Structures are given as structure tokens and as C-alpha cells.
J.: 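This PDB file has amoxicillin (bound form) in it.
Shown for chain A, in order and in the PDB entry numbering: 259-601. Indexing begins at 1, ligand by ligand and atom by atom, following the structure's order. Quick note: numbers below take in every heavy atom, side chains included, and nothing from hydrogens, waters or symmetry partners.
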Amino acid sequence: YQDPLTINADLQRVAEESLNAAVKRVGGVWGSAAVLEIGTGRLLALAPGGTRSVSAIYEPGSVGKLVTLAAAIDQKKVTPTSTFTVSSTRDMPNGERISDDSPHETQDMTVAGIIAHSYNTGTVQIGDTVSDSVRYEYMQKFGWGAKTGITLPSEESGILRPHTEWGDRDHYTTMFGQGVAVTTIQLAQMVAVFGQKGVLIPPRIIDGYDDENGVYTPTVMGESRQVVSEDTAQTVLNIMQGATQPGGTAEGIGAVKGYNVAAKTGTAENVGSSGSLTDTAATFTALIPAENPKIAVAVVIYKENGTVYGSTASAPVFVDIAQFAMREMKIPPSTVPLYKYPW
Ligand SMILES: CC1(C)S[C@H]([C@@H](C=O)NC(=O)[C@H](N)c2ccc(O)cc2)N[C@H]1C(=O)O
């Protein structure tokens, strides 16, 4: 007997424990977390025990900025040190007003720092350097709007409306993960690209089988794709290491002692039972150790009639999971510094 599934039992336990505790700590309704082994697509942990991580869809928020960032970089429209002006609000060519989470002093900042702070006013300028059809194409390549094809029941495909349907609001909201709906597994599969030299590897819960007596491992199916170039992947991976740097959205709370973390936070309004934007999903997508990623993690906590933030709600779950996984996988602490671009 060989265990044919990919789940790590102890990691799964840590995942469920942390997630349950955080959903309660924060007064959420539910949560989800997915842990992928980098390079293999092997699913190390999936919480909760339902098919929630596979069937629940929500607007992911600013974790979706990674797609926008990767599109602009891959199309060679901006570099990590390209500067844009950030301000409390910004009025766009099309008449839309974009605002940052909280008012702050107007300043110039690099692309790297814009992502670290997650300034929407800076992000929309990064996104405007590329057309809607191109961004939409990168969204599909990243796996949005499609089932990941994992062999579990009830997987949802999510909602990615054709860009031909995007109005003036959508043009911008889709840049920061609003006006699209994803699953937690889609989030993990997506962030893993940046630790896989731009390659998306479809997630798997079933290893092979021995096939010594009876060939039971699937013929063919699978297939990974190059979403983004190797250089684009490395660059986003470098930029993501700004998350736990001072001023980064994940500072302190997303840090895993002794390991370099690459991360993005998100906080997105979601539609409540009432039919209005009463709810929020707090998201966190991460890669660790950043210098040479071994796992990709996505966490969502959902709260009805309230605000939860990716950093304060979801990052602590990532931390508990990542801390165990590094021991469990016997990964030594980071010997190189956390990457920093000028901001
Ligand atoms: C709260 C933020 C710093 S703003 C920005 C964006 C994407 O998630 N979120 C929003 O613009 C969202 N509409 C929102 C929700 C509640 C807020 O207080 C502010 C912004 N990234 C966030 C993050 O990193 O968690």
C-alpha cells in the first residue's frame, strides 16, 4: 500500500485549525485555504474538508493585481522602477474616480512600491499601459473563468465576463480583482506561476499509482502552459517580497520568522444576501521561501456585513501553515536577503 493522495495529514491539520480559529477570531462566516507544492501541482493541504475551496466563488480583490502587474511587465510596458503618482483619489480618462484604501499624501512611487502598498491609484496606471483584450487574455492564461481540472467533485469555473462586456467601471475594477469571481484553488494555481518560471501547472490531488498490477494512473491528461516569461515571473516574485518590507501591506503580520516571504493581500467587497455590497473577502496569496519557492498558499476569509482585511484576517493563517511546512519539508532558513526594489 502506497498513499495515492497528495495531502499531507499534519499540514492539513494545521491548515484547518488555523483557518477555523481565524474565521472565528474575525467573526467571518467561512474561510478556505489551498497549499500547492511548487513545480508539481501537488495539493499538500485543502481546507476546509468540504468542496468549499473548489466550489465557493468570490471576488478576490487585490491579489488580482498580480495578473495586472504581470501583463504590464510581460508586455514590457513598465519595469519595477517605473514611477507613477499616487494620491488619495485619481480621476481617469474615462471619467472614473479611483481611490486608495485610505487618504494619504500624494507622492511619486515605483511600480514595486505601488504593489507593496497596494495603492489602487498607482495600479490603474500600470493597467492602462495595456489593452483590455490583452489583460483578459492573461486572466485566462492564469486560469480564471475555467475549472482547474482537479479530480474532486463540484469544482466551480468562476466568473470571468468577456472583456467585450466590460464598461467604464469594469475597465478599472478588473485590474484589482473586482468584477471577477475566483475559487481558492484558482488563486493558488495562479500565484504558483511566479515560482514556476511563468509556467502554470494544473493542480493534482492524486499522485500516480504503482501500476505494477493494474495500470490505474490516468492516460495523458494535464498540461501546463507558459503564462508569462521566466523574466516576468522572477520580476513579479521580486516585487512580491515588498509585502513584508516596512510599509508593505503584510508587514509584521505576514512574516514567517527566518524565511523570505513573497505575498499579496486583498480586501474585496462582495454582494450580500441583501443584494448589495455588504460583504468582504479577505485574501492572501503567498510563495515561500521567496528566493526559491517550495509552496504556494492562498487563503480567503469571508465576512458578511463587515470588513476583513487580507493582512489582518488571512495572513496569520498563512503564517501558521508556512511555519509548519518549512519544518515538515526540512527547508533551512533563508540565507539571502529579502529582495528590495527602490520605492
Ligand atoms: C485594503 C487594501 C490596502 S486597498 C487594495 C484593494 C484590493 O484588495 N482593496 C480595495 O480597494 C477594497 N475596495 C477596499 C476594501 C476596504 C477598504 O478599507 C479599502 C479598500 N488592496 C487592499 C489590501 O491589500 O488588502
J.: Which chain contacts amoxicillin (bound form) the most here, in the terms used by the PDB entry?
T.: Penicillin-binding protein,Penicillin-binding protein
J.: So which heavy atom in the protein is nearest atom 17 (C) of amoxicillin (bound form), and how far is it from that ligand atom?
T.: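 I find the closest protein heavy atom is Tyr567 CE2, 3.8 Å.
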J.: Return the closest protein heavy atom for atom 2 (C) of amoxicillin (bound form) as residue, atom name and distance.
T.: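 The closest one turns out to be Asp359 CB, 4.0 Å.
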J.: Pick whichever of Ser320, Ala508, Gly322, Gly506 has a heavy atom sitting closest to atom 7 (C) of amoxicillin (bound form).
T.: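 Heavy atom nearest to atom 7 (C) of amoxicillin (bound form) belongs to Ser320.
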J.: Just to be sure I'm reading this right: ignoring hydrogens, which of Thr570, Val566, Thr523, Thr525 gets closest to atom 16 (C) of amoxicillin (bound form)? Compare them by their nearest heavy atoms.
T.: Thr525
J.: For amoxicillin (bound form), which atoms sit closer than 4.0 Å to a heavy atom of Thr507?
T.: 24 (O)
J.: Counting only heavy atoms closer than 4.0 Å, does amoxicillin (bound form) sit against the backbone of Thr541, its side chain, both, or neither?
T.: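 No part of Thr541 comes within reach of amoxicillin (bound form).
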J.: Which residue holds the protein heavy atom closest to atom 11 (O) of amoxicillin (bound form), what is that atom called, and what is the gap in Å?
T.: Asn378 ND2, 2.9 Å
J.: With only distance considered, is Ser376 within less than 3.5 Å of amoxicillin (bound form) through an N or O on each side?
T.: yes
J.: Closest non-hydrogen protein atom to atom 13 (N) of amoxicillin (bound form), residue and atom name please, with distance?
T.: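 Result for atom 13 (N) of amoxicillin (bound form): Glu527 OE1, 2.8 Å.
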J.: Using a strict 4.0 Å cut-off to heavy atoms of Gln436, name the atoms of amoxicillin (bound form) that fall inside it.
T.: 12 (C), 13 (N)
J.: Could you tell me which atoms of amoxicillin (bound form), counted from 1 in the order shown, lie closer than 4.0 angstrom to a heavy atom of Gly319?
T.: 8 (O)
J.: Heavy atoms under 4.0 Å from amoxicillin (bound form): which residues of other chains qualify?
T.: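 Going by non-hydrogen atoms, it's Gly319, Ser320, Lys323, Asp359, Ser376, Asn378, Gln436, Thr507, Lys522, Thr523, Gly524, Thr525, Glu527, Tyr567.
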